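Count residues from 1 along the sequence. Values below: every heavy atom of this structure, side chains too, minus hydrogens, waters and symmetry copies. Order of listing sets the numbers, starting from 1, for every ligand and every atom in it.
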Amino acid sequence: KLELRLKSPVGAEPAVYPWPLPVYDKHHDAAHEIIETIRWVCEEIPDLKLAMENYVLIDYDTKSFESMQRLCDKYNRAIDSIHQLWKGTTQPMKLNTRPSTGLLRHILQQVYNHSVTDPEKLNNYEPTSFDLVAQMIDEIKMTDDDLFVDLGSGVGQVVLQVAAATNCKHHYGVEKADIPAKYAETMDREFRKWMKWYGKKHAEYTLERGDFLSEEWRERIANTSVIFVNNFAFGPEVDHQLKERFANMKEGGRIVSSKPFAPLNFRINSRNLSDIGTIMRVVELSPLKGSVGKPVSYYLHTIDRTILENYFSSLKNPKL
Ligand SMILES: CC(C)N(C[C@H]1O[C@@H](n2cnc3c(N)ncnc32)[C@H](O)[C@@H]1O)[C@H]1C[C@@H](CCc2nc3cc(C(C)(C)C)ccc3[nH]2)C1
């Protein structure tokens with residue numbers, strides 16, 4: 001049918017690619033997706049690499065189908081070879097694995113390229129976040145008991161990313177507007193599709209329609225251990241409304257944001273006991289060197305009512 005097919009490394013349904021090979025944006029074509037996909041699978045399987053590298057030269061002219069099929073076939077043949085070896089005394093790769101950071105960037109990238117049909121329909125109302133978000137996840141030091149929500153989910157790329165790098169129960173995304181929430185519906189599928197295509201595990205997640213300020217979410221925000229929220233352009237109305245939901249939150253949970261929900265040099269005194277800063281720490285996170293008003297940093301808030309307790313331990317016994 002004048003097309004290309006890649007064979008899944010765990011005998012899942014192959015990836016179909018129509019010719020000519022679609023270009024998605026100024027820096028992303030499906031041609032390189034392929035090349036990437038291949039060398040990423042070569043990564044999981046040292047054997048496939050062994051069967052490929054010692055023969056392949058990696059590079060081909062992407063303009064020619066006669067040259068792209070040349071590679072795909074080579075790859076597809078190497079796959080069968082390994083699958084045969086999978087019938088021998090040797091074990092296959094462990095199926096219950098999470099993606100390595102490197103791999104996952106590529107995966108989410110595919111999910112974007114394939115689901116975002118019109119890369120302009122949202123980018124008009126919106127203004128690599130991956131590397132950034134990755135940093136935050138190491139900073140969050142997430143434990144198997146936490147719950148995560150992205151407030152204002154968008155198409156939920158982060159929702160997905162957290163779901164693959166951490167290890168917890170149903171993680172959630174909340175999106176009000178129909179457009180990005182609609183894209184999220186197919187973003188759900190492709191992600192789950194490609195994950196199976198690669199044979200990698202991901203925590204349960206759910207990309208939802210709704211407003212986070214609404215009555216129902218008041219409750220849920222309080223139950224959620226980890227909160228990512230990009231609040232750069234939020235405006236005082238909504239900013240205050242969040243602080244109240246964050247108030248109810250359990251002890252020790254975290255909030256990551258572009259803008260601080262509590263001042264940085266916050267000392268507790270007379271006319272500030274009502275303020276949210278009383279129940280949380282706010283340490284500043286330094287930005288990754290390759291990501292973009294140039295001067296920007298980030299803020300990690302941790303629920304700490306010992307901050308408060310100390311002030312009420314101090315009103316008893318003035319040492320000065
Ligand atoms: C500016 C943020 C909040 N957001 C805008 C979206 O918020 C949505 N939104 C507005 N108010 C809404 C409402 N009350 N309920 C439902 N959703 C609403 C709105 O529809 C819009 O699509 C965009 C971020 C993008 C989602 C992916 C994402 N990038 C993140 C970056 C970060 C950093 C800054 C800490 C690194 C953290 C989390 C991220 N998630 C969508």
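What sits at ligand 1 is the drug EPZ-5676. The chain forming the most contacts with EPZ-5676 in this entry appears in the PDB entry as Histone-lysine N-methyltransferase, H3 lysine-79 specific.
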